[PDB]
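Here is the structure we will look at.
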Amino acid sequence: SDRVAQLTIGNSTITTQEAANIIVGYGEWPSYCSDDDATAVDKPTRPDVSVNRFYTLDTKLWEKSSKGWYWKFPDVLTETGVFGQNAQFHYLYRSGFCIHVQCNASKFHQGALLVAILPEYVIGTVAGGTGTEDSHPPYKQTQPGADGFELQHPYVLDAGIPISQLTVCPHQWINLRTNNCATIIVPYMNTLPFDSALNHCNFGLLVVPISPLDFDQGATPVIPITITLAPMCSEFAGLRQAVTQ
Amino acid sequence: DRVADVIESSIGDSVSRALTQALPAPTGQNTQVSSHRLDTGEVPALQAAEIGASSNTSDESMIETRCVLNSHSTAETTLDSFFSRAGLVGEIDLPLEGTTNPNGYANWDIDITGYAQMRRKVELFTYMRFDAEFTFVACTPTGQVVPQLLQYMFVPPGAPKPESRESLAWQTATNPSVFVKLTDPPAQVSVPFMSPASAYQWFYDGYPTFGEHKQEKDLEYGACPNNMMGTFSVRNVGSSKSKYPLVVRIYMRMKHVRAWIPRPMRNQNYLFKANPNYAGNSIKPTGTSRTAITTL
Amino acid sequence: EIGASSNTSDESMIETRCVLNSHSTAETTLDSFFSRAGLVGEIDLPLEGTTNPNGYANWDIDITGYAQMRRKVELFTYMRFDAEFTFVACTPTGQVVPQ
Amino acid sequence: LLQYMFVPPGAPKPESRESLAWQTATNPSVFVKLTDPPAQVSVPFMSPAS
Amino acid sequence: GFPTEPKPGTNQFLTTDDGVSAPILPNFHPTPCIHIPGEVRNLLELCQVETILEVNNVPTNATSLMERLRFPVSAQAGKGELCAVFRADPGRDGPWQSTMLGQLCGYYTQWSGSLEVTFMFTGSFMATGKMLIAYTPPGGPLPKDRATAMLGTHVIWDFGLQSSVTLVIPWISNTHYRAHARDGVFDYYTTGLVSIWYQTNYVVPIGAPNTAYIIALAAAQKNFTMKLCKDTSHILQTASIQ
Amino acid sequence: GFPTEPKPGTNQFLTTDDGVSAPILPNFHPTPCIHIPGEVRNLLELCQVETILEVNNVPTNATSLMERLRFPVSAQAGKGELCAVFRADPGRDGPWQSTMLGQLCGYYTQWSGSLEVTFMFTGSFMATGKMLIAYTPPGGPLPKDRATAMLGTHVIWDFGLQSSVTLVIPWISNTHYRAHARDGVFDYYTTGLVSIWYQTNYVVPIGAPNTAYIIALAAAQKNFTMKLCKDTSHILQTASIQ
Amino acid sequence: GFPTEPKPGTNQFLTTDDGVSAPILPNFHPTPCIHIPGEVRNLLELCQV
Amino acid sequence: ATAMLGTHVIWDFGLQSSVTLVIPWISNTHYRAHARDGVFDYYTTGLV
Amino acid sequence: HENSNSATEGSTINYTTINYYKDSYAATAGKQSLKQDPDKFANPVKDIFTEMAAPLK
Amino acid sequence: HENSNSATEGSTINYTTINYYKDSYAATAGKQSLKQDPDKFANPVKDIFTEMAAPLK
Ligand SMILES: Cc1cc(CCCCCCCOc2ccc(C3=NCCO3)cc2)on1
Ligand SMILES: Cc1cc(CCCCCCCOc2ccc(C3=NCCO3)cc2)on1
């Protein structure tokens with residue numbers, strides 16, 4: 001009664017028989033905005049089931065050389081579903097997330113992925129190598145949306161910070177000999193009650209292979225990693241026309 | 001009368017579930033007597049890091065321990081203890097001959113990300129709320145004290161930024177200014193937590209404008225206005241050449257600190273302010289290195 | 001036409017939520033707004049010149065000489081108050097002298 | 001104007017007058033003019049031994 | 001004497017420091033304070049007073065300056081024609097600068113609260129018409145047509161005995177406070193946009209002016225407050241006052 | 001005036017002096033403080049969080065930096081072969097520098113408490129094995145073989161569903177606190193040595209990788225505390241930040 | 001500010017003067033004091049030896 | 001990416017051999033007559 | 001005791017200030033009471049009317 | 001009395017500080033309460049498990 005689990009939101013149900021418990025970011029369940037924490041005076045929308053549900057956004061292929069990937073969040077779910085709509089139509093957005101990363105293999109494969117949530121995940125550049133040039137990461141790199149983006153210098157998380165310490169963040173590991181999925185529930189984290197789903201990404205999801213994938217030849221070589229996630233307590237306000245970015 | 005699913009519908013629960021509680025911890029935890037344990041079914045030592053939680057194994061479960069009454073204080077590890085230490089965050093030059101700041105006045109954009117020591121400490125957290133004590137140490141480049149009168153002026157964003165030593169803005173009718181001689185002890189003043197956000201943000205993963213976000217504008221990524229507190233202007237009070245080359249060092253001591261969401265400590269040399277850029281060709285290891293894992 | 005400002009409330013123009021506004025109005029009081037030292041007078045005592053040689057000057061006490069402070073007060077027609085006058089002296093270079 | 005700085009063992013010891021260590025972000029430093037009365041400060045019983 | 005130890009900040013003169021100082025006149029007693037009408041207690045009192053919003057801040061001929069105080073509305077032909085447009089930002093340059101609110105904002109770094117803008121129709125009693133005033137929250141680019149503008153906060157105004165209608169620009173912001181908005185980066189604090197469209201059309205009988213004007217009066221709502229006061233930028237003079 | 005007599009220390013600016021100073025903004029009121037997740041109260045809170053210990057701090061190719069995060073263990077042939085070795089000292093240069101604990105230590109002169117190091121095995125489900133992790137208290141030179149290493153504090157780890165095992169490095173010191181250990185003389189404050197040996201052997205069937213890796217995660221125990229904070233040495237930049 | 005009038009002796013550094021001075025380490029807590037044999041309280045204790 | 005927008009379930013193979021997909025009664029009408037291509041496709045249940 | 005000679009004497013507002021001299025006008029500006037009266041400038045109407053109503057009947 | 005305007009207002013922690021001005025943000029840093037919550041970062045698990053047990057059942 002701990003390695004098996006079932007997550008159900010809206011009209012979606014995830015199943016798993018080799019889980020490793022559930023992490024609750026900074027020990028706090030997603031909640032709605034207090035009546036004294038808020039400022040925006042207009043009465044918000046809380047679509048509920050039409051937005052708070054599981055969206056299986058993408059699949060990556062784990063290879064013996066993979067460096068690791070990341071997805072910025074608020075963003076990732078735009079353009080997709082009714083959630084995406086309320087996000088374009090409304091100025092203000094607020095919500096928590098249930099992130100379920102899955103990846104399975106056989107008892108004969110081996111490897112370990114680090115799945116973490118890094119709030120305010122600001123990306124950096126190599127500064128032109130020499131570090132004299134003040135370059136800046138493009139809209140394509142900072143906000144890749146679904147499809148995510150691959151890291152180029154995971155050791156420093158492409159931001160000059162040691163990944164070795166990334167675990168001070170709500171994380172969980174996917175060690176093939178042990179489990180086949182990570183589940184992290186993240187509460188709304190920002191210095192404001194609401195913010196724009198468009199120009200601000202409350203956090204990023206990192207999926208990095210710390211112990212490389214390996215297996216003797218002949219075993220299925222296609223080990224995918226799929227990202228499924230669900231907004232929780234989504235609230236929107238500041239209605240206007242639909243804006244893309 | 002209602003539809004039920006509306007009556008239960010927990011939508012609109014403003015309070016967070018919690019799951020953890022803050023307990024008193026004035027001293028380090030004491031060690032209690034432990035004895036041998038030879039049994040099945042109970043394995044403290046065994047853990048599953050995958051879960052994402054730190055090993056809760058106690059010393060008592062790994063060895064027969066004595067009893068120790070730990071009375072070591074944990075006071076010096078509080079945020080206030082750790083942060084309420086004045087540190088250099090700004091430096092302003094007011095030379096006689098030069099290209100930097102002649103004319104006799106300067107405008108320092110209030111940004112503490114300019115110096116490595118202080119910057120790294122704060123970049124330990126994602127959000128920080130606090131008041132501060134700013135102290136201004138002025139003198140000549142030789143470190144000599146000179147009979148010169150200065151005027152420091154905090155210029156909130158939106159206020160007229162002085163364009164010359166004799167700018168009308170120095171009337172400082174509503175801005176807070178300070179007049180000090182370099183012969184008087186360094187000026188010190190108390191600043192509150194100004195900012196429309198509930199906390200200053202060391203890292204802002206996003207943009208502030210809502211536009212096209214083309215190449216040229218990638219300069220604005222990570223730029224969060226809730227952190228731009230305005231500028232700090234200084235001038236030698238008068239209408240003629242200073243007569244002495246000056247320098248002002250700005251020290252900041254945080255107080256009444258609250259911090260949130262710890263992050264990994266800075267790994268690579270810093271390159272620019274409000275921009276985590278690192279040197280791609282000089283990516284060094286977090287620390288020292290050996291020759292083999294089987295040798296010290 | 002009546003001459004009164006619209007008393008329409010936000011609640012009547014849109015469906016509003018509930019917000020507990022605890023923002024202070026303290027900084028908008030007259031004392032907050034006005035109790036800020038500002039330049040109102042400047043007196044020259046040069047060595048060589050036509051302004052004030054001889055070594056003394058007579059400044060007619062009038063705060064309407066400088067734009068920043070003047071505009072703030074000209075916001076009102078009448079004002080009653082006490083004041084703290086501070087006198088900052090030095091040479092034109094901004095140098096402090098034993099005088 | 002002088003700057004005194006207590007440098008606990010393990011802290012970066014300044015290598016020059018302009019050493020970065022003088023930012024004294026966590027070390028306790030004192031800034032005094034030789035014209036000001038001698039600087040005086042209070043120190044506790046630091047030491048791992050009793 | 002009693003042992004003391006002066007600290008940093010000694011001898012400094014802090015403009016905003018509120019301390020005491022020796023009184024120049026011992027036992028002096030001020031003139032009694034008569035009762036005078038219109039005493040002000042808080043500046044917010046003034047911010048809730050409507051002042052003319054120069055929506056039509058276009059003319060500059062010094063002969064046509066009075067023309068800014070009101071924009072026209074006239075019998076159109078099409079459908080959903082755009083009348084006028086302007087930023088909701090009050091501390092920003094533009095129309096709001098003509099208002100007492102905008103002026104008092106120059107004195108504070110940040111503000112918070114809903115705003116109101118009452119539009120008074122000054123045409124002939126015989127002229128009718130319906131307009132659609134719309135507030136478009138942050139992120140929404142200036143609506144290209146009415147069908148787009150209406151998706152935001154708005155009000156359909158009908159001309160009648162009640163000359164004017166008031167558009168409430170509710171406080172809809174991500175932050176608790178807003179620093180003055182201004183093109184570069186600080187456009188982050190923009191309030192939004194107001195656009196006026198013809199709901200139906202300006203109708204009039206024969207014998208009545210085919211064009212009339214609307215006057216905008218703006219102020220702040222009750223939930224409005226400001227903080228961290230600075231000096232107004234707007235204005236600064238030139239030749240030291242004679 | 002009231003008789004006073006200023007003492008030594010007058011006018012000095014003491015970085016760490018905690019006194020008061022005139023407030024620049026009279027009656028200013030901060031933005032309310034919303035509720036935000038993950039508030040930190042004491043740094044010790046962070047020291048009990050496991051972070052990856054770069055035991056394999058050997059590689060430097062910038063292409064192989066990710067390789068330090070884990071050391072290998074593979075099917076051996078002999079008996080009691082040595083896997084890896086490292087200092088228990090956390091404030092010392094070495095593997096601990098990769099951890100948040102080691103990093104936060106740089107900020108304090110002395111520390112006290114037991115330490116823990118959990119080792120997670122990342123090989124295939126099919127691979128079995130028993131390892132012997134041993135903490136060798138001060139004075140004991142790096143054990144030459146297992147038969148010597150086992151005389152100290154240790155744990156025999158068996159690979160199974162429970163991926164990882166945790167080695168507790170109890171606070172065994174002569175002094176109440178320890179200043180950072182560092183080769184010359186200050187080696188007096190050394191914590192000791194950790195050595196990993198093969199208890200039996202890494203066994204695997206045909207069809208499974210003959211070599212896998214172990215990951216070390218380290219943190220401090222509940223009795224851990226630090227005092228007398230200084231500045232981190234570890235790092236110092238170069239060209240004044242642009 | 002509060003009216004004061006500094007007197008002779010101001011700024012002097014008196015070796016034997018026993019006053020206070022700003023503490024360099026805020027919230028610092030010393031190592032506990034174990035029990036050690038032979039504690040001395042007064043030098044007279046030594047003079048009778 | 002399109003199919004997931006509807007009602008669904010992620011099934012993981014394990015000791016529990018099978019998983020059950022519940023096709024909830026989501027209809028406009030209270031009852032459904034047999035669905036069949038022409039017009040009566042009005043009563044279609046949906047797709048798996 | 002002390003002279004009651006500050007500009008705000010007989011003022012309907014209540015202030016809490018500091019002072020070290022016999023004349024009260026030397027006291028600090030101090031913290032004070034936050035009462036407002038918008039209607040004085042925003043609604044100086046003789047016969048009030050509510051928002052719900054049509055201002056002209 | 002005094003303005004309640006320091007950064008740590010409404011803070012669940014209790015501080016004892018010194019001040020000589022009307023604005024409380026000018027007060028000293030002061031001594032304060034020592035409460036900690038490691039579990040928030042070290043054990044943010046949904047269903048706790050003890051050390052005596054095997055984390056995976
Ligand atoms: C009198 C007087 C007082 C002053 C200076 C007052 C300065 C108040 C500064 C408060 C600074 O808070 C900051 C928060 C964040 C950042 C930051 N820099 C990079 C992004 O975050 C910098 C400062 O000048 N004159
Ligand atoms: C000691 C000592 C103190 C002083 C100066 C005392 C000055 C008191 C000034 C009070 C000024 O009140 C004013 C009111 C109105 C105007 C005014 N100028 C244009 C019309 O109104 C100017 C000053 O000098 N020596």
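We name chains A, B, ... by the order of the sequence lines, and we start the count at 1 in each one. The structure shown is a partial extract from the entry, and contact counts are restricted to the extract. Reckoned from all heavy atoms, side chains included, excluding hydrogens, waters and symmetry mates. In each ligand, atom 1 is the first atom listed, and ligand 1 is the first ligand listed.
Going by contact count, the macromolecule most engaged with ligand 1 is what the PDB entry calls VP1. The option from 6-thioguanine, TAK-931, PD-0325901, WIN 51711, 5-azacytidine that is found at ligand 1 is WIN 51711.
Other chains whose heavy atoms approach WIN 51711 (ligand 1) within less than 4.0 Å: B, F. Lab note: binding site of WIN 51711 (ligand 1), heavy atoms under 4.0 Å, is B/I110, B/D111, B/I112, B/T113, B/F134, B/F154, B/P176, B/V178, B/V189, B/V191, B/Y200, B/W202, B/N227, B/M229, B/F232, F/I24.
Looking at the PDB entry, one finds chain E under the name VP3.
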